[PDB]
Colleague: 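Here's a structure for you.
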Number of protein chains: 2
Amino acid sequence: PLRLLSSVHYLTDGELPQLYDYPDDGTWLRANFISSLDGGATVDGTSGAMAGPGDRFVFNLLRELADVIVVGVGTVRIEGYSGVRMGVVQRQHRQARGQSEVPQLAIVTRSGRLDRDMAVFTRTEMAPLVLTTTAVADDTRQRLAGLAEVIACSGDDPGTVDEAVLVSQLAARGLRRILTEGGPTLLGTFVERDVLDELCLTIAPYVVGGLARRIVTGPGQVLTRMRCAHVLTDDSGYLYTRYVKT
Amino acid sequence: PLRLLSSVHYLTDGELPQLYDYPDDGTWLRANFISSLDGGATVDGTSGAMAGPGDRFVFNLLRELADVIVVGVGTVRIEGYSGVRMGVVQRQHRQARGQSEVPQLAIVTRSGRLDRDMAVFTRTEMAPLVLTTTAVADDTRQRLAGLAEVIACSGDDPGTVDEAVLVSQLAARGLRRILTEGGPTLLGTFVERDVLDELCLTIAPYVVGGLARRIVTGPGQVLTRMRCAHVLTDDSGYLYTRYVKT
Ligand SMILES: NC(=O)c1ccc[n+]([C@@H]2O[C@H](COP(=O)([O-])OP(=O)(O)OC[C@H]3O[C@@H](n4cnc5c(N)ncnc54)[C@H](OP(=O)(O)O)[C@@H]3O)[C@@H](O)[C@H]2O)c1
Ligand SMILES: NC(=O)c1ccc[n+]([C@@H]2O[C@H](COP(=O)([O-])OP(=O)(O)OC[C@H]3O[C@@H](n4cnc5c(N)ncnc54)[C@H](OP(=O)(O)O)[C@@H]3O)[C@@H](O)[C@H]2O)c1
Ligand SMILES: COc1cc(NCc2ccc3[nH+]c(N)nc(N)c3c2C)cc(OC)c1OC
Ligand SMILES: COc1cc(NCc2ccc3[nH+]c(N)nc(N)c3c2C)cc(OC)c1OC
C-alpha cells in the first residue's frame with residue numbers, strides 16, 4: 001500500500017506557477033509556512049533560518065501569485081515585514097495574469113493597536129490593508145489615515161474578526177487569491193474558522209529541538225483533513241508540500 | 001531548482017524493510033514519530049488518531065526491524081504501552097535477520113519512579129528494560145525485580161541519563177538497532193545529545209490546531225541538519241519520511 005516518491009520532473013519556471021495556481025474563480029486562502037522536521041516554526045525567534053534558496057524561491061513565487069498577502073501583526077513585527085517586493089519579471093507575470101504589479105499586504109489585528117511607524121506602512125510601494133474588528137475599525141482608520149486602508153472584518157461580533165468575513169472583504173476588494181504567511185495565531189484562527197483552503201508547507205530538513213512553537217498556535221483542537229496535492233523537493237532535502245482542504 | 005516528487009514505485013513487502021534497513025554494524029538510533037501538517041504530535045492527548053493503516057503498517061515494520069524499542073515513561077503511560085507484539089511472519093523475519101522473535105521495550109526514566117503494575121511489565125512476552133540513572137538504578141532494580149532489567153545509563157552525572165550512554169548500554173546488550181517511539185521529551189533529549197541518527201516521520205494529512213505539542217519538547221534549541229533519505233506515500237496522502245542525520 002506504500003509508494004516510493006522520487007523526483008520525476010525538473011520544474012521549469014513556467015510549470016512551477018502552474019503547480020501553485022489559484023482556482024479560476026472564487027476566494028482561495030492559501031497559507032505558506034515553513035517548519036522543521038520536528039514541527040518547529042521558528043529558529044531563534046523567526047522562520048528565516050530554516051529557509052534556504054529553495055524555500056525563498058517558492059515563498060516569492062507564492063507572493064507573486066497572490067492578490068494579497070495576509071499576515072498577523074505579530075509576524076509583521078517579528079519578521080520585520082515591509083512592503084512586498086516584486087522584480088520586473090514578477091510584475092510582468094502579474095500584469096499578464098490581470099493582477100496589480102505588487103500584491104498588497106493585509107495586516108490582521110483584533111486590537112487595531114498598530115503604530116503609524118511600522119515598515120509595513122513605511123517601506124512599501126503598495127499601501128497595505130489593515131483587517132480588524134468593527135469595534136476598532138474607525139479609530140484605527142483615523143490613527144492610520146494615509147498609511148493603510150482599514151477594513152472591518154467582523155461577522156456577528158463587532159469585537160472580533162470573523163475570518164470568513166476577512167476572506168470575503170479581501171475578495172470584495174478583488175483580492176480573492178489570498179496568501180497568508182502567518183503567523184501561528186492567525187493560521188490557528190483560519191484553521192478554527194475552517195477557512196484555510198490550502199496549506200503550502202516547506203518542511204525544512206532540520207530538527208530544532210523543543211523550544212520552537214508550531215506553525216499553528218492557539219487553544220484550538222481540530223482535525224481538518226487535507227489532500228496532498230504535491231510534494232516538491234530540491235537538492236537540499238527540503239520538501240515543498242501543498243495540501244488542499246478536503 | 002525544484003523537482004516534482006511522484007509515486008514511482010509500489011513497494012513490495014520485501015522492499016519496504018530494505019528502505020528502513022539499519023546499518024550493518026554499529027548502533028543506530030532511529031526515531032519513529034507522526035505529526036500533523038501543522039506539527040502537532042497529538043490528537044486528543046495521544047498520537048493514534050492521526051495514524052491510519054499506512055502509518056500502523058510502517059510503525060509495525062520499524063518495530064519488526066528494531067532490536068529494541070525505547071520509549072519515555074510518559075509515552076508508555078499515555079499511549080498505554082504493553083509488550084511488543086510480533087506476528088508469526090514478523091517473528092520469522094526477525095529470526096532470519098538473527099534477531100529475537102520480539103524486540104524488547106526499554107523505558108527511559110530519570111526518576112526511576114515506575115510502578116510494578118504497568119502494562120509494559122504485565123502484558124508482555126519479553127521483559128522490558130528500564131533505562132535510568134546511576135543514582136536510582138539500584139532502588140529501581142529492587143522495586144522492579146522480576147519485572148524489568150534495570151540499566152543505569154548515566155555518564156558523568158549519576159543523577160541523569162546520558163543519552164549516548166543509553167544508546168551504548170543498549171548496544172552493549174546486543175540491541176544496537178534502536179527504535180525510539182517517543183515521546184517528545186525523550187526525543188528532545190536524543191536531539192540535544194546529538195545521538196539521533198534517523199527520524200522516521202509520518203506526516204499525517206491533517207491540521208490539528210494549536211493545542212497539540214510538537215513531536216519534540218524541551219528547552220532545547222538546536223539546528224541539526226538532516227538528509228531526506230526517502231519519502232513514501234499511500235493513497236490517503238500520508239508522507240512516510242525518513243531523514244538521516246548529516
Ligand atoms: N515557520 C513559519 O512558517 C512562520 C510563519 C509566520 C510566522 N512565524 C513565526 O511565528 C511568530 C509570531 O507568532 P504570532 O502568533 O504572534 O503571529 P501572528 O499570528 O502573525 O500575530 C498575532 C497577532 O495578529 C493578530 N491576529 C492573528 N489572528 C487574528 C485574528 N483571527 N483576528 C484578529 N487578529 C488576529 C493579533 O493582533 P492583535 O494583538 O493586534 O489583536 C494577534 O495578536 C514569529 O516568531 C514568527 O517568526 C513562523
Ligand atoms: N506524535 C508522535 O509520534 C508521538 C510519539 C510519542 C509520544 N507522543 C505523545 O507525547 C506525549 C508524551 O510526552 P512526554 O514528553 O511526556 O513523553 P516521554 O518523553 O515518553 O515521557 C517523559 C518522561 O520519560 C522520561 N524521559 C524522557 N527522556 C528522558 C531522558 N533523556 N532521561 C531520563 N528520562 C527521560 C522521564 O521520566 P521520569 O519523569 O520518570 O524521569 C520523563 O518524565 C503523549 O501525549 C504521547 O501521545 C506522540
Ligand atoms: C520581509 O518579508 C519577509 C519575511 C520573511 N519572514 C520569514 C519566513 C521565511 C520563510 C518562510 N517560508 C515559508 N515557506 N513560509 C513562511 N511563512 C516563511 C516566513 C514567514 C521572509 C522573507 O523572505 C523569504 C521576507 O521577504 C519577502
Ligand atoms: C500499544 O503500543 C502502541 C502505541 C501506539 N501509540 C501511538 C502512536 C501511533 C502512531 C505512531 N506513528 C508513528 N509514525 N510514530 C509513533 N511514534 C506513533 C505512536 C506513538 C500505537 C500503536 O499502534 C500503532 C501501538 O501498538 C503497537
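In what follows, every chain begins at residue 1, and chains take the letters A, B, ... in the order their sequences are listed. Each ligand, and each atom within it, is numbered from 1 in the order the structure gives.
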Colleague: Quick check: which of abiraterone, dapagliflozin, prednisone, trimetrexate, buspirone is at ligand 3?
Modeller: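 The one found there is trimetrexate.
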Colleague: Can you help me out? I need the name, per the PDB entry, of the chain with the largest number of contacts to trimetrexate (ligand 3).
Modeller: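 The main binding partner here is Rv2671.
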Colleague: Find all other chains that place a heavy atom under 4.0 Å from trimetrexate (ligand 3).
Modeller: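 Chains with a heavy atom that close: A.
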Colleague: Need the trimetrexate (ligand 3) atom indices (1-based, order shown) with element for anything under 4.0 Å from a heavy-atom of A:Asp55.
Modeller: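 This gives 10 (C), 11 (C), 12 (N), 13 (C), 14 (N) as the contact atoms.
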Colleague: For trimetrexate (ligand 3), does A:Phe33 get within less than 4.0 Å through its side chain, its backbone, both, or neither, judged by non-hydrogen atoms?
Modeller: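 Within the 4.0 Å criterion, A:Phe33 contacts trimetrexate (ligand 3) through backbone atoms alone.
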Colleague: So for A:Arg63, does at least one of its heavy atoms come nearer than 4.0 angstrom to any atom of trimetrexate (ligand 3)?
Modeller: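 In this structure, A:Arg63 qualifies as a contact of trimetrexate (ligand 3) - some heavy atom is under 4.0 Å.
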Colleague: By number and element, which atoms of trimetrexate (ligand 3) are closer than 4.0 Å to a non-hydrogen atom of A:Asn32?
Modeller: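 So the atoms of trimetrexate (ligand 3) that pass are 13 (C), 14 (N), 15 (N), 16 (C), 17 (N).
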Colleague: Which of the atoms of trimetrexate (ligand 3) are close to A:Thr202, meaning less than 4.0 Å from one of its heavy atoms?
Modeller: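 Under 4.0 Å from A:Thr202, trimetrexate (ligand 3) has these atoms: 14 (N).
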Colleague: Looking at trimetrexate (ligand 3), does any of its N/O atoms fall within less than 3.5 Å of an N/O of A:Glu79?
Modeller: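 A:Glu79 vs trimetrexate (ligand 3): N/O contact under 3.5 Å present.
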Colleague: Which other ligands and ions shown here have an atom at a distance below 4.0 Å from trimetrexate (ligand 3)?
Modeller: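 Within the cut-off sit ligand 1 (NADP nicotinamide-adenine-dinucleotide phosphate).
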Colleague: If you measure every N/O of A:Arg56 against every N/O of trimetrexate (ligand 3), is any gap under 3.5 Å?
Modeller: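 For trimetrexate (ligand 3), there is no N or O atom that lies under 3.5 Å from one belonging to A:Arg56.
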Colleague: I need the atoms of trimetrexate (ligand 3) closer than 4.0 Å to a non-hydrogen atom of A:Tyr81, numbered in the order shown.
Modeller: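 Those qualifying, in numeric order: 4 (C), 20 (C).
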Colleague: With atoms numbered from 1 as shown, which atoms in trimetrexate (ligand 3) lie under 4.0 angstrom from a non-hydrogen atom of A:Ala51?
Modeller: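 That gives atoms 10 (C) of trimetrexate (ligand 3).
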Colleague: Which neighbouring residues and nucleotides define the binding site of trimetrexate (ligand 3) at 4.0 Å (non-hydrogen atoms)?
Modeller: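 The heavy-atom contacts are A:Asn32, A:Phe33, A:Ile34, A:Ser47, A:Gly48, A:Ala51, A:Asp55, A:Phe59, A:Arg63, A:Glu79, A:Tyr81, A:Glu181, A:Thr202.
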